[PDB]
Amino acid sequence: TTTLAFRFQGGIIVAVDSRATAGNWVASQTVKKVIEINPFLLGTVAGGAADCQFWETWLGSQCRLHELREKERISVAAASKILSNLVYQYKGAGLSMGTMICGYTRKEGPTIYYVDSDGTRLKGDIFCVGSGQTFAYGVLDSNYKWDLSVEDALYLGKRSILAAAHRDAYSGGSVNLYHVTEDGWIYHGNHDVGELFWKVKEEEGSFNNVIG
Amino acid sequence: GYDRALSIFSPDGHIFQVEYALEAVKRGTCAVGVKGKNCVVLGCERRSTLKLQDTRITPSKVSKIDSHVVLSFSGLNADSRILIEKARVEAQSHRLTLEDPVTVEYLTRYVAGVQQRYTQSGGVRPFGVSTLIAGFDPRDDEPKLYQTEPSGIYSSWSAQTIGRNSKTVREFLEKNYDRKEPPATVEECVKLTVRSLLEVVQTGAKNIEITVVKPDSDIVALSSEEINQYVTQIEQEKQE
Amino acid sequence: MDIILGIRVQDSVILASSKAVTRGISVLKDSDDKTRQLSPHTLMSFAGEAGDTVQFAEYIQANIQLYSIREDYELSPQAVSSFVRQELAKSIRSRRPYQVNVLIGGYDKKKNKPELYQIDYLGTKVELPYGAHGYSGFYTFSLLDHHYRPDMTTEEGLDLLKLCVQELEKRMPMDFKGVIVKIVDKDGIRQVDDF
Amino acid sequence: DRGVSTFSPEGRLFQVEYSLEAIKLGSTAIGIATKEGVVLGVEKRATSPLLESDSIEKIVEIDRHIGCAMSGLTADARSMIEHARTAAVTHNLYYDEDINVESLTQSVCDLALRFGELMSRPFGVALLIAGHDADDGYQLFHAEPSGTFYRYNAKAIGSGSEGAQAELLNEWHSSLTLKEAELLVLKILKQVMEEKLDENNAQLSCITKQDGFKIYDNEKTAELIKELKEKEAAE
Amino acid sequence: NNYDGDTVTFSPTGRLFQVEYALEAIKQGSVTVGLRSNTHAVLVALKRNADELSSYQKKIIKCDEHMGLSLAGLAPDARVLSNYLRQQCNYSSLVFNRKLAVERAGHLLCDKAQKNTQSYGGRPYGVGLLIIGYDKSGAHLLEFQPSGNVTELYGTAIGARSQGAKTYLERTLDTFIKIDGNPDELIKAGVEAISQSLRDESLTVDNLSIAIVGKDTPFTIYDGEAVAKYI
Amino acid sequence: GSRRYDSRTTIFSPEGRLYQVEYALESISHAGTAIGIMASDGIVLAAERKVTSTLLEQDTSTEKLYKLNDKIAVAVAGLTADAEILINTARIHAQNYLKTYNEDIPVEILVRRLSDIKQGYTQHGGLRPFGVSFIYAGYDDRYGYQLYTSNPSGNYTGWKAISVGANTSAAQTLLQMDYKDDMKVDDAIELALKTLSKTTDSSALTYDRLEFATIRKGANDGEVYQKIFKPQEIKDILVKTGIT
Amino acid sequence: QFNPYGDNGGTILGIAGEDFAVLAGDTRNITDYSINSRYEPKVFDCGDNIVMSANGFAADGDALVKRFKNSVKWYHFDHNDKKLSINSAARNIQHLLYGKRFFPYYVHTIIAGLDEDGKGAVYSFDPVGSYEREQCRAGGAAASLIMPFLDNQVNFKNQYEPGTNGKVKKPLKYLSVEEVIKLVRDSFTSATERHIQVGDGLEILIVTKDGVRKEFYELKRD
Amino acid sequence: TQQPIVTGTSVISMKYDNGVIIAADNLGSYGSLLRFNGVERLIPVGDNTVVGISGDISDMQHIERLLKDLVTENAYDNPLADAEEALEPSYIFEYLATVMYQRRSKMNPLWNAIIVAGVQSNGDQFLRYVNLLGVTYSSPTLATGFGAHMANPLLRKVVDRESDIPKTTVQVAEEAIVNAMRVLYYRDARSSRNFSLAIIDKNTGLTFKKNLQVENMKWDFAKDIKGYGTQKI
Ligand SMILES: *[C@@](C)(CO)[C@](*)(O)[C@H](CC(C)C)NC(=O)[C@H](Cc1ccccc1)NC(=O)[C@H](CC(C)C)NC(=O)[C@H](CCc1ccccc1)NC(=O)CN1CCOCC1
Ligand SMILES: [Mg+2]
């Protein structure tokens, strides 16, 4: 996997790939690695497919129970801590999860929390998680500014996944984009790397290492 | 384990053990809660048959559950300690998991839930205690005042009193408290609280306790002299 | 988690803790605060196994805060450090021990004295004029043996601390992304924003 | 004394029958089911004018497609609602779907008789569970502490129940609109209530397929009260 | 009198009053009828309502593809016992790949009800059940009482005014037993039997409840417009 | 079953009182009087032994006054056997606090926990309450010298001077009369004995029918000393005040 | 030391059409280099128009199918004979599998049927419960041989429109039941040729709104 | 976690037109030591089922007791215990298969390979296998251990698929089984000459044959074999 999410002037961008592997066997090219917890909360998944899926699907149920009990949408901090406290109970049992809880609330504003299976929980502006995280970091960090437009930010997130999808053997398939604003998350489409790469190469003039 | 169902229904549809727990509350010393425009004040009676007391160390009637919420009560004193302890633990547990202090409504709901659980659990009797829970939610300036009772029902109050002769002081508050215009300042709110207790107490010496709670964890307990000034002022205006 | 230091001077305790949070070949964060306020005049820095550190720090913080509310009174740094030691002493013989090392810097208001305690994950407590956990000690202890004086001011302590950070930045293999420095004294806890 | 789970000579459980008497003392709650939705309404009944009536929560959400109104010892309902909410969310987790209103009611009613010498006594509260699902559509259920539940086209529980039920018998028909049902609850509530009905001492709610379960504001209910009075004076 | 405080107490004449009071709850319950031939077994149940605005209380419960019962008395107790039967039928299938015998089904219910009549704290079940089924030894009909007593019968009825239907079946015994390979005629005989227990009320479309099981017929329940044929 | 024989110890009366707690207090009212008096520089504990026999070994005896730790002591009123159960619990609780925090337990904390145990017996478990009232006399560095009392209800309160057991009504009136805030230990010793001497049901107050203890800062420089009085020491203090 | 797992070989294949879905699987059961059975069915009708197969370790496969079949039965009892939708079945199976996360069912599970809009549906599961709806999925021993062929022939991957300079892709379209069965049979004959654990016989279960039909074909027995 | 101690070798079986045949030798091996020679490894359950067991003998004896107890339990409150509600081969198998899988799931297996051969009430032939792992399968021919490698090939020449079952008589089927047992005696180092054979027919019922011996063996050609290559003497 490669997943990222970064904070900026116009909210949060979230971008992920769609590949799933079993060793060198490419098992799927169409996996959904963004879990839609509610209209204002997103969760990225990287690591063990079942662990991530099962527990973040479970997280959504816990967040639903919160707003029933408290008559109020759960905070991004509280949501991420439910998940981090859960995986911490299973510490040593072998869970493999690299997730990012992204969302907006009134009291917090746009917020991103990195949560992993060995119990680490970190608030931050930029995170890249997965086997191809370093490849995404390289492109993202070198082009990141807080004052990016919504249009440019969406592209950078897409371009960063593409970069990792290209170099990392265990990342690829297609790019799923999301944009989180004060009004909630907005889906920005599925982008197959098969067409996206050549489209980006031609228009941007990049990827000169590849035989055109 | 002791299993006996002590709290049970009677032919007329009453749970006598819960109703007898209310009688214990009625026996207890009076407690009053009045909320103003920017504050809440918790007044408490202390019976004056006990002289030679040590007021430094004697358990205070108003207890802090967290830095922003307080709990006073009427009824069995020993029972109240168990509820307060549980509430204090839950307050810290909430900060730990939600990364945010409890709301006054949440803390009330928890305490009320504990009281209810003891009305249909085997081997236990209901708490002989009614509480007044007051404070301010995190990052909020709207005053909160709630009441609980042995049955487990809870509700919000603009102003409320519990304990012995509470029906007298409730009568006072019902005509003297205006919903459209609550006590605008701290002084006005404290005065109305002291006035209401003076209908019942006896003497305004070391019988009345007052605790003022303000937004952003600003809680302070008034001393004897400070309270006595309100008592002196009210009596002079009364003679008219 | 790597570098946590502590220096007790005349009238205060100074804790310096590294900002880097690394996993694998990636520095995930460079602004991490590896400390919790246990009470108004007691501060605990921590370092060790991922997840365990914060889970332990917050668990202690909750317990101390619970005590403060119950008794309407602040525990002494000595009392807090003894409580923390016992928790780690229990932990080490558990099914899964907390792999967390801590420094507890506090100002005792009754004694009017600063106090620095160093406790490792085994529950090994020692009161010190200066302390460190992990590989930091291998550089800082000898440096402080030379330059430290017991009657130093807070400003002199910060210069002494700068001398430690410079040495670590020069000779340590890993990039720890600087330190967050906090001072504990009679007026409570405050953070030095420019270091 | 005598056992908690004892049968009377007539063949009824004493404690269940006594809990029913407690429910008769409770405040009135009315529910009406239509093809356009299900309406739930309750009497708040504040014990004193100083009590802030908006804090009286006798209508409650279980899920987006299921609502609930209560009457009797309302403190007992908290654990019943908690169970219902968990049952609803848990079923969505296991089956990726909304849970049937009947199945939800059945789950709540399984708690009812789990008492004896488990909890020490039956619940002292009756529930009106209203909801919608794809199979059976708009539904209204009356859940008792006996463990029994009946589906109803319309139902009243509480102190003015027998008087209100007789009124619902005459007024209900299968072609009622939602607006007609709203007014009908307000009309019948005003008849059986001790104090005069207004937006502060009475509360309305509904559940529709489109917008889900919604508790009405005091501003919205006030207009429906004003609309109700005008229509009765108009003939 | 002094010996009816709990189930653990015998009376001086050797009676268990709490068990008898549980038996009384069945007599208050709505009538239900059971009868069988050699090929099929039929349950007919008169459902009861709270009022005209309410639904009619469902009396028949399915236990397996080849077995099910009708209830009379406390419905929640029938739910507990039917659920137990479902599990026992299911255990027999998963472990032995074997459909549970209707006779064993009765033996299991008897033993479950009995334990509740000999121990302090618990209470007897307050419901009577009519279990029908088709197994390897043909069609069966059982009558369960919460005393523990289970009885295999050609036909029977329990509930209020069940004596009328029970007398009819006792007269009709020789006729309906030989209704083989004909479901609709066996149901008709059951519908005519339950009609002998009616007073003032008659069988309507949302009042009647019928169930059937047989040789090439899984246990299925008929309600609503599906029973309009038999009125 | 067994329901028939259950007294139901933890229930309310129609008036909202706990039957067993009230009856336990009635039991305590027949027990030997115990008095606690708190002075500015120490605390006095005085207690009257229950109708002594001449062949009772007086010097190697402990009925009323028990030591919880080096800084805290208690005077007992009620069933001695019950009190000892609670005393050993209190002694253990004090050592748990010392083990955990490396500091001697604050007096109130110990009192609260012991009072919470009594409370538990009134609300659950179906057992009878402890028929015991304590007078806690102790010192810590927060509040200094402190006097508390707890009773079977599990309710505790702080005092300047207090009595438990028999004739508390008469005893409390006498203490309220002669007590004042700037009092010394030696004066409090005299008040304690004078009060017992007047409230006693015996003909005359003697050394063999008394237990006595003081908690002073009379040790050398900023430290507390517990003095459980010997028979001969009580005999001397009784003569010194002019009672015998 | 006792090893609780084993490999019973075999391979399975699910393809979804517009108004139908097929779930195929060979009938060979093996251990090591021995044949246990030439005809041991591992594709089962589970009721509610759901077909299921759990290929891998047969004991775990049979246990899972047995448990899901039982889950369908109790779904009817608890929810008024409601039909278990394919999406609801899939989620239920996830919880069965993940329930044994720390002692897994060593199987690749595939279910097939129709979704609530009447359209063909195939879901596939890993051993610990991660699932995904797809048009196409092969599982088991010869999955690596069959799957890329399905990508090419079912989803038309790497196929472009002739003469368009590799700019226009071959347009996606549903396949007929006749065309799908051809692809299944060709997939299994190809897999039989090159994989030793695949052969003996092929059993296909076809699911339409009318019900569940079966088809059987011989495969090479070497 | 176990290790087998006293063990039984191959159990072989096949279907024929009217029923099933099953066989297994009478040996209880203790490693390489051929320790016990009077061991019966075919255990009849009623008059319509035979359970053949290989692997650990202590666990076999445990299974014997379970089957013995199963017959007793089935007879309880069952007037049709010797008729309609008698124990079927499929009931007996599913029970064992449930136990075998439950035990492997508790990491404490019954170290066996079991073949349940019998005839159902409707006349259908029943033949199914189950082992320590809980793995189950059915086939016209079934065999355990060395039987799987050597017997099955020979038995499959007679009944290669389902359609060959009606064409195979009891005479032909038994001859193949007896031949297979001889081959196993030639080639399996933990086998014995003495064995038991059971035939469950839908007409003639259960025929249990004890104290059979492998005979008509070819050993004469051994005298001509000299050395291992060159040697002429
Ligand atoms: C990138 C692609 C790689 O890191 C991402 O991180 C994705 C995350 C997405 C899917 C949410 N991760 C994977 O694809 C993940 C990598 C992985 C594998 C195993 C352990 C940890 C991480 N892949 C999986 O989880 C696959 C997904 C399947 C193929 C759809 N699942 C497996 O490999 C399963 C389950 C593994 C497992 C975990 C815990 C306990 C037991 C098993 N294993 C198999 O299917 C085994 N194998 C497949 C090949 O055929 C023989 C059997
Ligand atoms: Mg790649």
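Just so it is clear: chains get the letters A, B, ... in the order the sequence lines come, proteins before strands, and each one is counted from 1. Counting starts at 1 for both ligands and their atoms, following the listed order. Determined via X-ray crystallography, 2.9 Å. Excerpt of entry shown; contacts counted in excerpt. Scope of the values below: all heavy atoms of this structure, side chains included, with no hydrogens, waters or symmetry mates.
For ligand 1, the recorded drug is carfilzomib (bound form).
What binds carfilzomib (bound form) most in this entry is, by the naming of UniProt, Proteasome subunit beta type-5.
Other chains in heavy-atom contact with carfilzomib (bound form) below 4.0 Å, by letter: A, G.
The nearest of the UniProt-listed active-site residues in chain A relative to carfilzomib (bound form), at the least heavy-atom distance to 1 Å, is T1(A), 1 Å. The PDB record for this entry identifies chain G as Proteasome subunit beta type-6. In this PDB entry, a covalent bond connects carfilzomib (bound form) with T1(A) OG1. Heavy-atom distances show that, of the bortezomib-binding residues UniProt gives for chain A, the following lie under 4.0 Å from carfilzomib (bound form): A49(A). Heavy-atom contacts of carfilzomib (bound form) within 4.0 Å involve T1(A), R19(A), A20(A), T21(A), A22(A), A27(A), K33(A), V45(A), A46(A), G47(A), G48(A), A49(A), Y170(A), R101(G), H108(G), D126(G), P127(G), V128(G), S130(G).
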